[PDB]
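Residue indices begin at 1 and follow the sequence shown. When a ligand or atom number is given, it counts from 1 through the structure's own listing order.
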Amino acid sequence: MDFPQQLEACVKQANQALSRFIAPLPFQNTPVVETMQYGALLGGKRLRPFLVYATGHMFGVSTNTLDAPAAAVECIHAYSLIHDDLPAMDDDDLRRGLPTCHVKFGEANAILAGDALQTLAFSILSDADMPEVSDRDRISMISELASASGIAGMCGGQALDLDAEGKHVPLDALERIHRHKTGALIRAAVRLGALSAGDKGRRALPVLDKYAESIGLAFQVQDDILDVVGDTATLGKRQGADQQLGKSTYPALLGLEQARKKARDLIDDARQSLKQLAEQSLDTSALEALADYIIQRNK
Ligand SMILES: O=P(O)(O)C(O)(Cc1cccnc1)P(=O)(O)O
Ligand SMILES: C=C(C)CCOP(=O)(O)OP(=O)(O)O
Ligand SMILES: [Mg+2]
Ligand SMILES: [Mg+2]
Ligand SMILES: [Mg+2]
């Protein structure tokens with residue numbers, strides 16, 4: 001019922017999960033591991049873990065087993081931001097209210113920490129305790145995180161994003177960028193939550209996919225909107241960063257009003273998909289509240 005309290009509960013759960021998977025690693029208290037801990041744990045809304053937990057919870061899977069996919073997806077997410085902020089990429093000096101990884105620890109440490117966080121995601125999925133999760137479903141989790149994170153998803157989208165700098169690409173190309181760079185990982189969170197539930201989760205996938213696809217695109221449209229109108233102290237990252245690099249964005253192409261409308265229509269579409277699940281007596285309340293927050297949030 002109370003969404004801010006659920007978000008904070010999720011932040012604590014996910015941070016604990018991440019910390020536990022990071023703690024047995026060697027080279028604690030050296031720069032690369034400290035970079036990983038800074039970039040993964042210090043700040044962030046943990047909405048992808050939120051998606052993993054909320055989805056798995058719908059099928060009655062234990063929060064403790066969901067710690068694994070929640071932490072894995074957040075490792076990929078964390079890695080993606082570390083590399084995204086690099087000078088050769090978006091060259092941003094602030095994130096989550098603090099110096100970016102490459103500023104505080106140097107570029108080499110940032111590259112390697114992001115590299116290692118990606119690897120850790122796959123160590124988590126292959127090694128972590130998930131008692132109710134069949135090997136078949138664990139393999140599917142790994143396969144999904146891989147396809148969603150790599151050239152067919154997030155990385156591919158990062159390449160499209162970089163290519164579209166200064167090119168003011170049309171809506172169809174814009175959507176392709178956003179769905180890959182941001183949509184794909186968000187859909188992986190939902191899929192990993194569902195796969196944790198086995199066959200019952202798999203049966204929901206056609207519908208959860210449509211939900212995930214809509215909130216995932218909406219997530220990036222809101223990110224672009226926030227880049228224009230948000231305050232740096234609230235965002236935790238610099239307002240007007242996109243405009244400075246000439247990024248193809250929703251607000252740059254369509255203006256702020258039409259971008260907002262696109263985000264709102266995507267969320268209404270996400271809500272519609274969830275109605276199909278609520279019909280089968282699955283509790284969609286956390287997923288609908290998350291869907292609304294994705295476009296109501298100011299950070
Ligand atoms: O947090 P950022 O840098 O505004 C962003 O959302 C970061 C990001 C990195 C990787 C994939 N998706 C988004 P971006 O696309 O560079 O606008
Ligand atoms: C994929 C995108 C839009 C990058 C930022 O995601 P978030 O806005 O979830 O960033 P944090 O909460 O993790 O800082
Ligand atoms: Mg970027
Ligand atoms: Mg960026
Ligand atoms: Mg952005």
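Picking from dexmedetomidine, risedronate, phencyclidine, mexiletine, the molecule at ligand 1 is risedronate.
Among all chains, the one with more heavy-atom contacts to risedronate (ligand 1) than any other is, according to UniProt, Farnesyl diphosphate synthase. Not a single heavy atom of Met89 lies less than 4.0 angstrom from risedronate (ligand 1).
Covalent bonding of risedronate (ligand 1) in this entry: none to a chain. There are UniProt Mg(2+)-binding residues of chain A with a non-hydrogen atom under 4.0 Å from risedronate (ligand 1), namely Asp84, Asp90. Atom 6 (O) of risedronate (ligand 1) has its closest protein heavy atom at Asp223 OD2, 2.7 Å. For atom 16 (O) of risedronate (ligand 1), the closest non-hydrogen atom of the protein is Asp90 OD2, 2.6 Å. Remark: distances from the non-hydrogen atoms of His83 to risedronate (ligand 1) are all 4.0 Å or more.
Of the protein's non-hydrogen atoms, the one nearest atom 11 (C) of risedronate (ligand 1) is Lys181 O, 3.2 Å.
Considering backbone and side-chain atoms together, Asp227 places no N or O closer than 3.5 Å to any N or O of risedronate (ligand 1). In this structure, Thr182 has a heavy atom closer than 4.0 Å to risedronate (ligand 1). Among all non-hydrogen protein atoms, the one lying nearest atom 7 (C) of risedronate (ligand 1) is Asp84 OD2, 3.5 Å. In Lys247, neither the side chain nor the backbone holds a heavy atom less than 4.0 Å from any atom of risedronate (ligand 1). In chain A, UniProt (2E)-geranyl diphosphate-binding residues less than 4.0 Å from risedronate (ligand 1) by heavy-atom distance: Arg95, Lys181, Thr182, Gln220, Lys237.
The contact residues of risedronate (ligand 1), taking heavy atoms under 4.0 Å, are given as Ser80, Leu81, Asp84, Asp90, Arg95, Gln158, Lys181, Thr182, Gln220, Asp223, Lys237.
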